[PDB]
Novice: 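What follows is a single structure, and I will ask about it in a moment.
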Amino acid sequence: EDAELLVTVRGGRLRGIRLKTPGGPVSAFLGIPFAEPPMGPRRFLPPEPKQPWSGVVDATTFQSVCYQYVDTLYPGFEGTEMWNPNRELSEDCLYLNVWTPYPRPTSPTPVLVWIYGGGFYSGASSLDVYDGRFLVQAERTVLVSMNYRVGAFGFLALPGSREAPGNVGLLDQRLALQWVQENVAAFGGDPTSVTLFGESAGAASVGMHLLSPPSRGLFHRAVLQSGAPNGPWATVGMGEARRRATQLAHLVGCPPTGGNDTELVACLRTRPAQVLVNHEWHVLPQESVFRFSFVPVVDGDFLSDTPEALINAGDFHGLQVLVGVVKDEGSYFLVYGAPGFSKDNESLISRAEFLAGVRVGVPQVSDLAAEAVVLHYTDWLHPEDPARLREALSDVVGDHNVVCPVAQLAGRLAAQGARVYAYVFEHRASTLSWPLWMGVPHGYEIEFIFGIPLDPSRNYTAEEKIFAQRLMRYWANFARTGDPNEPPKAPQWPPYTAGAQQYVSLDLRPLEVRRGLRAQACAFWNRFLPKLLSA
Amino acid sequence: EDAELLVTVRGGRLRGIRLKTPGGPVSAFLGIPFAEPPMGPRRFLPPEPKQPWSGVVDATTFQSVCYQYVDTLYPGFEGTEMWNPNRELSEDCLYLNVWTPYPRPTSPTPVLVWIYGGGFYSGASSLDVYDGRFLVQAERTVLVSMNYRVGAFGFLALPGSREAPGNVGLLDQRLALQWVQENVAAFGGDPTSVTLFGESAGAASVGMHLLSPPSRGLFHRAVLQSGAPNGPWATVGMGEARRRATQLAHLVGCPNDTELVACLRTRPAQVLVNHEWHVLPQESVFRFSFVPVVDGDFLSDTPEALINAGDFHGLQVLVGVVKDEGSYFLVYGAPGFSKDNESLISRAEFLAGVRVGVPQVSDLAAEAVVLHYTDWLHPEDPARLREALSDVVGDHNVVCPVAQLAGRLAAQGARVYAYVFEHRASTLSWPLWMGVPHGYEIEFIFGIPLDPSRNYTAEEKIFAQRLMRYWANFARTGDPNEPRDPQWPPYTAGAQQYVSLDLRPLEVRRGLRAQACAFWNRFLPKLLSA
Ligand SMILES: *[C@@H]1O[C@H](CO[C@@H]2O[C@@H](C)[C@@H](O)[C@@H](O)[C@@H]2O)[C@@H](O[C@@H]2O[C@H](CO)[C@@H](O)[C@H](O)[C@H]2NC(C)=O)[C@H](O)[C@H]1NC(C)=O
Ligand SMILES: *[C@@H]1O[C@H](CO[C@@H]2O[C@@H](C)[C@@H](O)[C@@H](O)[C@@H]2O)[C@@H](O[C@@H]2O[C@H](CO)[C@@H](O)[C@H](O)[C@H]2NC(C)=O)[C@H](O)[C@H]1NC(C)=O
Ligand SMILES: COc1ccc2c3c1O[C@H]1C[C@@H](O)C=C[C@@]31CCN(C)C2
Ligand SMILES: COc1ccc2c3c1O[C@H]1C[C@@H](O)C=C[C@@]31CCN(C)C2
Ligand SMILES: *[C@@H]1O[C@H](CO)[C@@H](O)[C@H](O)[C@H]1NC(C)=O
C-alpha cells in the first residue's frame, strides 16, 4: 500500500492512483462521491451530502457522465466526439476529482476548481480535454473538477415547488465547493486560496457563484472563459422555465398539462432518463442557435435578481477576476442551425440567408430589434458580399451571446472595485479539424489552458507546447497571486478598466496590448438594444 | 444708344446695362418685374402675372430684397454679411435678373436658372456671391435668377384657406420659370434647354419643382447643391403649419382664418419678421418656421413618398454636398460652440447638442443617435465630440437627405452625378475647425474668384473655371464631363460613386456617408413608427 495514494476525508477513506506525466508523477483521486446519487425520488431535488462510509472507496477512475443529449451532427468527427461522453450515462453521476502533486505538498497549496461547459445540457469532468495532470505537474497546484447535473435533471424548474425547485445543477456545483472547503487540505490544498474557473456554461456558472452569497464564501478568485452569467442564453425567467418544464412533461405523457406540481413531478420521476433526454430539444419556443432548454432560473433564491442587475448593483472590492474570449466566438454555432452553413463548405451565404440567420441568431426579439441588428452589422458599401455576410452573422451570434456579455461583466466589475484581467485567445491549434473559415472557434483555448499539448501521444508543434506552458503559468500565477504577471523584461498584462478597456492577445507571439472588447458592437448590445426592447 | 441693351418682352420694353469682367463684357438686365407687387390685400396670396407697362423699364440695377430677418450674430463679420440684404427690404420684391453674353446671342443659348437658399426665411438674387457675369462670359449660357417671397410672406399657411394657402414663395419661383419660358428667347435664351440650380433651401426648391407636375414642364435638368426636398427641415405638415401661423398671429396681436389673415395683413412687414423665430416648438438648429407645406396641392404627398413612387427616366441631376455640412449651424445654437474658439465641447454638451440638432424625436431616437455617433473607445474626447455633433447635424439635415434623393432617382431612371466639394477657400473667414462649411462652394460655381479685386489664388481661379465648365457642360448635355483625358461616373444605388471637387484632379470615391445614412434613411424612420 502506497501512503501517497491514501487519503482520509470527512466521509471516510479514499484510495487514489498515480499518474504518469511528461514532467513527473501526479496523484489523482478520480470519482470521489460528494452527494447521494440523485436517483428515483431524488431526481430534480437539491443534492444531499454523501453519507459517510466504512472501508476504503477506490477513487481510481472517472465515474459516470450525467444524463445528456449526445451530439450526432458529424458522427466520428473529432470536433464533435471530443465533447461527447466518455463514460456511460447515469443519473448516478455526482462525483468529483482531485489531482495533487506527487509527493503531496507539505504546505497549503492554491486550488484550481474546474467547471465544465456544455450549454447547461451536456458536458463531463472526465473528458480528455479537461485532464488536470499537466496543470498540476507544471504549476504545482491542486486541481479539482466536479460533475453536476445538466439538462432537465439539473435545471428543469417548476418555480415555487419543493419537488422541482430548479438550479439543482448549480447546487451540485456549490456542494462540491463546500466539499473542497471541508476536504481539500487533506490533499495538501489551501481552502483559503481557491480559484474557480470554467468555460462557456461553466464560465456562466462561475459568474453565478460570484453573484450568489452562499457560494461566494467558498472561493476567492474567478476565471471566466468565453462565458458570463449575464448572457441572454444562460438564464431564464420563472414563467418561461415553468412553460418549458410543463411542455416537457406534456411531451412525455405528464400528467395523463400542468396541474398539481407534486403530481406532475412524480409522473416525470417515473419516466426513464433517456426518454426525457429524447424530448429535451422540443420545448424551445422558436428555432434558434445558442439557446438551450434548461438553464439556471432567476427565481429569487440562488439568484436574488437577474445577473445583469446583480452585476450592476454589486460591490466587488477584494475580488480578482480573469476573463476572455476566443477570436471567433460565433462561428461554431452557425453550423448548428443557421441557413446556408456547413463545416464542409465555405458557408458563403446570401443576403436573404443572412437576414434569416439574424432571426435565428437573435431569437424572440421584435422586428425593429432585428432591424437594428441588421443596420449595425451590414456594411452598406457591400451589403451583399457573401464572405462579409458570413463573418457578420458570426459576429452577431458571437457578440450577442459571448463577447458583449463578457465585456459588460468585465467593465462593471472593474468600475465597482474588482481587479480584472482580460484576454482574447487568437491561436488556432495546428490540430484543429474545423474548416479555416471558422477561425478560432468557441471552446478551443481549453486544451491549451489544460496543457494538453504536452501529451506525448498528441501531435502539437513544439511552439504550441511552449504556448501551453505560458498559458498555464498565467492561469496559475492568477490563481496564486490574483495577477497573471510574473512575480521582468517580459511584457506586462495590464488590468482591464471601464475607460482604457485594455486586454491582451494570447497567441504564439508575445503579449500585445489592445483596447476595447468589440467596443462599438458591444455598445449596441449592452447600452442601446435594452432601451429599444423596453420601448 | 446701345441697342444690345434694349429688349422687348411680353409685358413691354426693357433697358439693360453692360457689365465688365476680366474676359470681356456681358449684358445684364436686372430688376425685371415678373409679378404684380404682392402687397396689401395681396400678401400671402399666390403671385399675379405682372401687367404690361408702357415706356421703358429701367433694368440697370438690382431691385429690393424680400422682407426677411437680418443676421446680427457676428456684426460686420464677412461670413455673415455676405448673406445679408444688400438692397432695401420691401414686399415689392418680385423681380428677376437676366445675364447674357455680349453682344446678345443670335441663336438659342442654354439657360441656367438660379434659386437662392436662405432656410426659406432669407436670401436675395442680388447678393455678390450670386453675380452671374462670370458664368455667362466664361461658359456662354444665359443666366436667370429671381427673388421669391420668404419667411411668413412666402410660406405662412392656413391649409384649406383661400387667404393664406401656403407655398406662395414656391409659386413665385414657378411664375418666374413661366416668365422664362415666355420671354427668355428675347435675350438669346433657349426655352427648350433650361437647367435649374440652387443651393440649400434653393436646392430644396429645385427638388420640389421636380416633384410638382405643373413645374416639371418648365425646365429640363436640375442641380441640387447641399439640399433636398426630403430634408426634415424643408417641409412641414398641414397641422404644424396651422399651429405656427396661429402662434404668429397671437404674437403680433391678432385673433376664423379670414379674420386672422385680415388682421395679419394690417401688420407692418417688419413686425412679422420680428417674431418669426419665436414660433418654433423647441430650441433647435437647422429648423425654420415657415417652409413649404405638404397639403396635397403643390406637393400631392410628402417629397419622400413622391421620390419613392416616381418614374425618373429622362432626367439628369447633379447633386452634391460640401465636406462639412454641419459645422456652420453649430455656432447658431449648439451649447459650447463659437466661431471665436475651438468649440472643444464636453460629452454633456455633446449630449445636449444632440437634442438640439435632432429636435422633436423620442428619447429612444436620440439614444440611437448618440450610439451611432459615439466612438466608444473615446467617448469623451472634445475634438471628436465636436466633429461628431457636426456630423449629426450635417448627416441628418443635408448629406443623408441628398444621398436618399440620389439613390432613389438613380434607381428609378434618372442619370445622377454626385460630388463632394472639399476645397477650403483661401479667403475663408470662418475658423479652421469648421472645415468647408455649408454655402462655401457657391462662390466657386459662380466664378467669383475671377474677380480681380478679390484675393483668390491663381490655383483657385483655375479651379473655379473647372467648376463653371462642369456645371455648364451639365446644363448643355446632361453630363458634366469634358472630352476624355479622369472621368466623372454616374452615381448609382449600388456602386454609389461620386467625385471629390478640389484643387487636385477628380478622384472617384464610393458612398455618401453610407454607414451613417443607413441609420437616418433606413433604420430611424422604422423606429419613429413605433
Ligand atoms: C453548404 O452546406 C449547406 C448545408 O447542407 C449540407 O452540407 C453540404 C456540405 C452538402 O452535403 C449538402 O448537400 C448538405 O445538405 C448547404 O445548405 C443546404 O442546401 C440544401 C439544398 O441545396 C438544403 O436541402 C438544405 O436544407 C441546406 N441546409 C442548410 C442548413 O441550409 C449550402 O447550400 C452549402 N453551400 C454551398 C454548396 O455553397
Ligand atoms: C467657446 O465659446 C462659447 C460661446 O460663448 C461665447 O464665445 C466666447 C468666445 C466668449 O466670448 C463667451 O463669453 C461667449 O459667451 C462658450 O460657451 C459659453 O460659455 C459660457 C460660460 O463661459 C456660458 O455662460 C454660455 O452659455 C456658453 N455659450 C454657449 C454657446 O453655450 C465656451 O465656453 C467656449 N468654449 C471653449 C472655451 O472652448
Ligand atoms: C454555449 O456553448 C456550448 C453549447 C453547446 C455545446 C458546447 C458549447 O461550448 C463547447 C465547448 C464546451 O463548452 C463544451 C461543449 C461545446 C461543444 C459541444 N457541443 C456539442 C455542445
Ligand atoms: C438651411 O441652410 C441655411 C439656413 C439659413 C441661412 C443659410 C443657410 O445656408 C447658407 C447659405 C445660403 O443658402 C444662404 C444663407 C445661409 C447662411 C446665412 N444664414 C444667416 C441664413
Ligand atoms: C398534490 O397531490 C398530492 C398527492 O396526493 C397531495 O399529497 C398534495 O397535497 C397535492 N398538492 C397540492 C398543492 O394540491
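Labels below follow one simple rule: chain letters A, B, ... track the order of the sequence lines, proteins then strands, and each chain is numbered from 1. Every heavy atom of this structure was used, including side-chain atoms; hydrogens, water molecules and symmetry mates were not. Determination method: X-ray crystallography, 2.4 Å. Both counts, for ligands and for their atoms, begin at 1 and track the order of listing.
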Novice: According to the PDB, which drug is present at ligand 3?
Specialist: (-)-galantamine
Novice: Specify the chief binding partner of (-)-galantamine (ligand 3) in this model, using its name in UniProt.
Specialist: Acetylcholinesterase
Novice: Could you check which other chains have a non-hydrogen atom under 4.0 Å from (-)-galantamine (ligand 3)?
Specialist: A
Novice: What protein heavy atom lies closest to atom 17 (C) of (-)-galantamine (ligand 3)? Include the residue and the distance to one decimal.
Specialist: A:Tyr332 OH, 3.4 Å
Novice: For atom 6 (C) of (-)-galantamine (ligand 3), what is the nearest protein heavy atom, given as residue, atom name and distance?
Specialist: A:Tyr121 OH, 4.1 Å
Novice: Which of the huprine W-binding residues recorded by UniProt for chain A place a non-hydrogen atom closer than 4.0 Å to (-)-galantamine (ligand 3)?
Specialist: A:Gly119, A:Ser200, A:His442
Novice: Does (-)-galantamine (ligand 3) approach any residue of chain A that UniProt lists for huperzine A binding closer than 4.0 Å (heavy atoms), and which?
Specialist: A:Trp83, A:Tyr332
Novice: Which residue and non-hydrogen atom of the protein lie closest to atom 8 (C) of (-)-galantamine (ligand 3), and at what distance in Å?
Specialist: A:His442 CD2, 4.1 Å
Novice: Pick out the nearest UniProt active-site residue of chain A relative to (-)-galantamine (ligand 3) and quote the non-hydrogen distance to 1 Å.
Specialist: A:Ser200, 3 Å
Novice: According to the entry, what organism does chain A come from?
Specialist: Homo sapiens
Novice: Which heavy atom of the protein is the closest neighbour of atom 7 (C) of (-)-galantamine (ligand 3), given with residue, atom name and distance?
Specialist: A:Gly118 CA, 4.3 Å
Novice: Of all the non-hydrogen atoms in the protein, which one sits nearest to atom 13 (O) of (-)-galantamine (ligand 3), and at what distance?
Specialist: A:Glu199 OE1, 2.7 Å
Novice: To check your reading of the model: name the closest protein heavy atom to atom 2 (O) of (-)-galantamine (ligand 3), its residue, and the distance in Å.
Specialist: A:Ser200 OG, 2.9 Å
Novice: Hi! What's sitting within 4.0 Å of (-)-galantamine (ligand 3) if we only look at heavy atoms?
Specialist: A:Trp83, A:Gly117, A:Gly118, A:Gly119, A:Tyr121, A:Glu199, A:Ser200, A:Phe290, A:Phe292, A:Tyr332, A:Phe333, A:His442
